[PDB]
**Student:** 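Shown below is the structure under consideration.
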Amino acid sequence: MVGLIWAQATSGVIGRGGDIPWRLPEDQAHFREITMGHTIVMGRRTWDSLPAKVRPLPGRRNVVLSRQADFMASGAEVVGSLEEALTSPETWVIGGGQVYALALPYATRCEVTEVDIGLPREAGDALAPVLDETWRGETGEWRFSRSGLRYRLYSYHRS
Ligand SMILES: NC(=O)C1=CN([C@@H]2O[C@H](COP(=O)(O)OP(=O)(O)OC[C@H]3O[C@@H](n4cnc5c(N)ncnc54)[C@H](OP(=O)(O)O)[C@@H]3O)[C@@H](O)[C@H]2O)C=CC1
Ligand SMILES: CCc1nc(N)nc(N)c1-c1ccc(Cl)cc1
Ligand SMILES: [Co+2]
């Protein structure tokens, strides 16, 4: 099982300037719950976005995708292809934009947090991948985050 998990603005933006233009503690808890214990695969830029004092993310096999043969990610595995990372029973691809696009053919689940923030797409933004007709989607109710933004959770599945 390979799943993708991301939070997006309604526009599809997931990242800007190498970081994220919101922070929802409820989304962080959801992300932690879904990925805990499992493999997490991230692009090198997403690894770079984590403060050194917080990485590797606890309780998970942290894997970083990079073209750099000597790139060192202390506390993680660095691999040069996504296929190398898929050896565990449950694998979550945790971003960013480039790696979601690369992982989508292997994926059967997408766990999406939609953040009700009006954020037009700008050049250089990382975006959520486009899900074609093979994906079945299940939507939760809109909720209020303590950060003031509404959010809702989608669960997309396909065989
Ligand atoms: N809202 C959310 O849920 C999430 C948001 N984000 C945001 O997304 C943004 C980062 O996403 P993005 O900029 O797309 O960068 P990625 O995190 O997708 O990492 C890109 C890097 O992955 C490596 N890579 C890409 N393609 C390949 C390949 N074919 N083979 C080997 N290695 C490859 C390269 O590493 P190298 O250059 O070392 O070769 C490349 O620079 C940030 O803003 C981050 O905050 C991140 C995760 C989730
Ligand atoms: C809590 C933010 C978040 N929410 C969701 N729904 N998915 C994610 N993949 C992330 C995320 C973004 C960047 C990093 Cl470094 C780790 C996780
Ligand atoms: Co689990």
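Following the PDB entry, chain A shows residues 1-159, kept in their order. First listed ligand is number 1; within each ligand, the first listed atom is number 1.
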**Student:** Tell me which chain touches ligand 2 most, using the name in the PDB entry.
**Tutor:** Dihydrofolate reductase
**Student:** Wondering which of MDMA, pyrimethamine, ipidacrine shows up at ligand 2 - can you check?
**Tutor:** pyrimethamine
**Student:** Considering heavy atoms of the protein only, find what lies nearest to atom 7 (N) of pyrimethamine and give residue, atom and distance to 0.1 Å.
**Tutor:** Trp6 CA, 3.3 Å
**Student:** Which protein non-hydrogen atom lies closest to atom 14 (C) of pyrimethamine, naming both residue and atom, and how far is it?
**Tutor:** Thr46 CG2, 4.1 Å
**Student:** If you measure every N or O of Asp27 against every N or O of pyrimethamine, does any of those distances drop under 3.5 Å?
**Tutor:** yes
**Student:** Would you check the N or O atoms of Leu50, main chain and side chain alike, for any that come under 3.5 Å of an N or O of pyrimethamine?
**Tutor:** no
**Student:** Do any UniProt substrate-binding residues in chain A have a heavy atom less than 4.0 Å from pyrimethamine, and if so, which?
**Tutor:** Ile5, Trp6, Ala7, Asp27, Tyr100, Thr113
**Student:** Which residues flagged by UniProt as binding NADP(+) in chain A come closer than 4.0 Å to pyrimethamine by heavy-atom distance?
**Tutor:** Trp6, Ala7, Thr46, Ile94
**Student:** Indicate the residue and atom of the covalent attachment for pyrimethamine, or state that none is modeled.
**Tutor:** none
**Student:** I'm curious, in chain A, which UniProt domain holds most of what contacts pyrimethamine?
**Tutor:** dhfr
**Student:** Counting only heavy atoms, which portion of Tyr151 has something under 4.0 Å from pyrimethamine: side chain, backbone, both, or neither?
**Tutor:** neither
**Student:** Do any nitrogen or oxygen atoms of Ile20 come within less than 3.5 Å of a nitrogen or oxygen of pyrimethamine?
**Tutor:** no
**Student:** For atom 8 (C) of pyrimethamine, what is the nearest protein heavy atom, given as residue, atom name and distance?
**Tutor:** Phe31 CD1, 3.5 Å
**Student:** Quick one: what's the binding site of pyrimethamine if I count heavy atoms under 4.0 Å?
**Tutor:** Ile5, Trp6, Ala7, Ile20, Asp27, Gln28, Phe31, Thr46, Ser49, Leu50, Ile94, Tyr100, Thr113
